[PDB]
Q: 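Here's what I've got: fumagillin (bound form), bound to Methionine aminopeptidase 2.
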Amino acid sequence: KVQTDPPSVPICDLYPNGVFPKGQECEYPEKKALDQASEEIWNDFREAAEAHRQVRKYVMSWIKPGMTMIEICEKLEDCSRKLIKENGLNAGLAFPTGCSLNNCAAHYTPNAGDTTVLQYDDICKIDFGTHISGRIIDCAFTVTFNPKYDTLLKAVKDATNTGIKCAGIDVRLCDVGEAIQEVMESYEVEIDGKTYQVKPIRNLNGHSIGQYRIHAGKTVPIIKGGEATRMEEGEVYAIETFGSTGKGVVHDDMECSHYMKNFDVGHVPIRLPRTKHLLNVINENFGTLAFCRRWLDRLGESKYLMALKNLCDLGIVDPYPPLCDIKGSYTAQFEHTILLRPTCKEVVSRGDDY
Ligand SMILES: *C[C@@]1(O)CC[C@@H](OC(=O)/C=C/C=C/C=C/C=C/C(=O)O)[C@@H](OC)[C@@H]1[C@@]1(C)O[C@@H]1CC=C(C)C
Ligand SMILES: [Co+2]
Ligand SMILES: [Co+2]
């Protein structure tokens, strides 16, 4: 019908003819046959993007200090499952809800028992994904409550918009990175009496996206010096930028919560019973999409952590631990998914919020 208060109507019931809203369409830096031939694919990305837009609006209305990180992720994911109309691997969540705090830039979500509470001075990166038929939206924004971080957030938002504007068919990936760094490094911020020039986090990257494949193998650098590989017609990219007051480099840190089957590993016969059962659970529920330990718990799984280690040591699954700059530093992120269509560039996850 029309969407409800706390949103509860699936996006497919809001648009009954199966035609979903376009995102921001941009001339490259006009009605092809080739573009129209892939219309069912662009449409699937747009259904996933509208879910993402409606979920994040809802999240911005209630996220507050005092909530636990588990409470925040569970409330967000509940809404996302409802609006995407979760249906096995045909529609659902593409990857776990990131809510990385402070010096941590990516790949933290709480595991069971985590008592972390969101604080007034925290800078929290909300990064979550939706998909229809494997067509994935990766889009992320930063949440703050103290106005002291406003210029750091504006620097990163401007750098992400700069990378989105530079992107195009036949554009060299190294040129997008050099562009993003020049804008991000034009910002200086002052936080609690200390001044900083904002630094891109040089070992974090954007990435191409493939069907059921969050990282399809091409990386989008956010500093100069990368590869001159060109972007191609038909590719889809997550253009993401990260900025920091610290060293501008991340390392692995904290407990791991995010995992994903290696895309190129084939069928592996396993006899160990608990390891075989967990691999079957992952193949049925996630396939090649990323998952977290809270999502195994929700399925009624327990006593799985050694079976999960076994699958990692066999190379069937890869762990993706949180990625953090040095203690005391502040990091921020903004990201959109773009489609490199034959007739135009589409920023499919653009909203009136960012
Ligand atoms: C999750 C994510 O999208 C985050 C941003 C991208 O990550 C990276 O660029 C990874 C760099 C890691 C560097 C580690 C250095 C360690 C040094 C040390 O410990 O000494 C992005 O990848 C381009 C990444 C992702 C897409 O690849 C992940 C798959 C997605 C999941 C798990 C949700
Ligand atoms: Co992301
Ligand atoms: Co991403």
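We count residues from 1, following the sequence as given. In listed order, ligands and their atoms are each counted from 1. If you check the header, you will see the structure was determined by X-ray crystallography, 1.8 Å. Only this structure's heavy atoms are used, side chains among them; waters, hydrogens and symmetry mates stay out.
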Q: Point out every copy of fumagillin (bound form) in the model.
A: ligand 1
Q: Note the single closest protein heavy atom to atom 32 (C) of fumagillin (bound form), along with its residue, its atom name and the distance in Å.
A: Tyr320 CG, 3.5 Å
Q: Apart from fumagillin (bound form) itself, which ligands or ions come within less than 4.0 Å of that drug?
A: ligand 3 (cobalt (II) ion)
Q: Just go through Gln333, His258, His251, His107 and tell me whose heavy atom is the nearest to atom 20 (O) of fumagillin (bound form).
A: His251
Q: Report the part of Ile214 (side chain from C-beta onward, or backbone N, CA, C, O) that has a heavy atom under 4.0 Å from fumagillin (bound form); answer both or neither where that applies.
A: side chain
Q: Does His215 reach fumagillin (bound form) with a nitrogen or oxygen that is under 3.5 Å from one of the ligand's nitrogen or oxygen atoms?
A: no
Q: Quick one: look up the protein heavy atom nearest atom 26 (C) of fumagillin (bound form) and list residue, atom name and how far away it is.
A: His207 NE2, 3.6 Å
Q: Pick whichever of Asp252, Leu289, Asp253 has a heavy atom sitting closest to atom 16 (C) of fumagillin (bound form).
A: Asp252
Q: Name the UniProt substrate-binding residues of chain A with a heavy atom closer than 4.0 Å to fumagillin (bound form).
A: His107, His215
Q: So which protein heavy atom does atom 31 (C) of fumagillin (bound form) come closest to, and at what separation?
A: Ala290 CB, 4.0 Å
Q: Considering only the protein, which heavy-atom contact is closest to atom 11 (C) of fumagillin (bound form), and what is its distance?
A: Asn203 O, 3.3 Å
Q: Can you help me find the covalent attachment of fumagillin (bound form)? I need the residue and the atom.
A: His107 NE2
Q: For atom 8 (C) of fumagillin (bound form), find the nearest protein heavy atom and state the residue, atom name and distance (0.1 Å precision).
A: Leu204 CD2, 3.6 Å
Q: Taking a heavy-atom cut-off of 4.0 Å, which of the residues UniProt lists as divalent metal cation-binding in chain A lie that close to fumagillin (bound form)?
A: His207, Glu240
Q: If the contact criterion is a heavy-atom separation under 4.0 Å, does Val250 count as touching fumagillin (bound form)?
A: yes
Q: Specify the protein heavy atom at minimum distance from atom 6 (C) of fumagillin (bound form): its residue, its atom name, and the distance to 0.1 Å.
A: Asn205 O, 3.4 Å
Q: Which chain positions lie within 4.0 Å of fumagillin (bound form) by heavy-atom distance?
A: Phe95, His107, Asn203, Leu204, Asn205, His207, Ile214, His215, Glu240, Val250, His251, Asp252, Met260, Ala290, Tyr320, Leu323
